[PDB]
Amino acid sequence: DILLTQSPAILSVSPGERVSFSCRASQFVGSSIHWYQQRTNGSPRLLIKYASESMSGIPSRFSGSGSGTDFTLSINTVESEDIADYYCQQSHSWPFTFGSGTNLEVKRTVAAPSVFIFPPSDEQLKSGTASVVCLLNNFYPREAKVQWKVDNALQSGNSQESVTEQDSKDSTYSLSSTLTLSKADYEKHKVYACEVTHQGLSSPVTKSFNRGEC
Amino acid sequence: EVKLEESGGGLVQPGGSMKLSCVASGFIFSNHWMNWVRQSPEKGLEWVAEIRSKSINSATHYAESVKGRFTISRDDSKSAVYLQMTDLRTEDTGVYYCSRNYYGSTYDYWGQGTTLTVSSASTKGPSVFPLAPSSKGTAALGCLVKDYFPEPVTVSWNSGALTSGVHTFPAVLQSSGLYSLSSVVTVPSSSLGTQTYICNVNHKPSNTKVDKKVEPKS
């Protein structure tokens, strides 16, 4: 199949900015590139057909260009309703294929996360499992590094992260990192630490606790 | 106005079968080429199958990943297109859109999507554990909602009276095949001795409802 490479995966736009994103086909596709918008919880919506032709009812700030392999979608001054994912699609030859998408997000000033650590509850421990939760609250941008250390041993493969959608009011993200161990493994160690690296922190922040102490 | 309306999604075990349906209106249905396109976080948007108009023998076309397992059909008297799926795989999981393709170019109209979940996990309500506010300004507390299936759960705080500063995280699938999430909220430290904090968890697929009071750990 023809592969479409969209870049960047995440584009950050300040309100009022003129932005553009890219779609590159793995072989010649003529002018047969079409662009779609998909808002959160919505369906794809056709915006631009054949590289540069705008659909009726689509606002004039959208325009497309390109031919051959490299294509561009532009929004001349983004509005808040343009915050969405955008996909390209080729119809040059069968089967038709889609790019992986560019997410348009709100750009704001840097905000450091507020970091909190939560030991496993006594109730959960009685069930045979221990979940340790590290919370990064209301930060920007979305890139953050969270490392677990257990009695100074860096952990790998036993945690999962989850990130909220960008907040509609302050444009920040929040993130959870959850370390899961068996009760026996949890009780083998004392010091549980979450270390958080983020552009907004002048030095990485560590939150930690001693097992069973309070 | 053009409308495409899908139905039939749901939960099925691997090896299983399921039929999706879509009803169209607002255009001359029998002239047009109807498609199924699916979407997942791992593979993005993928064309699945097409059935063209009766005027050209209503030819069917399938993605290689579903050929021989899926069958697309249409009933022009009902303005309906169908997708019969068989030998379902976990990687068939996703949102399935009915879509019109304009004679081999754009997908110019889309439905609302219907969700297919292929999994061997059994339906199960969550366990809810407190994330107690740290004994060491602003305090954070929450509830851990662990080991439920399938999606979704809803979480409120104090029966909906508490909404500011709540973050209910997206669920993550565990290697067990069950989901887990946390819901957290930041509140003034001074309010910990005067205000109770209770998360209300509802998991409709298992008829589970749980209220968990979250307090400082003694």
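In this entry the chain letters A, B, ... are assigned according to the order of the sequence lines. Shown for chain A, in order and in the PDB entry numbering: 1-214. By the PDB entry numbering, chain B shows 1-136, 141-222, in order.
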Exercise. Which named drug shows up at chains A and B?
Worked result: infliximab
Exercise. What name does the entry use when describing chain A?
Worked result: Infliximab Fab Light Chain
Exercise. Per the PDB, what's the name of chain B?
Worked result: Infliximab Fab Heavy Chain
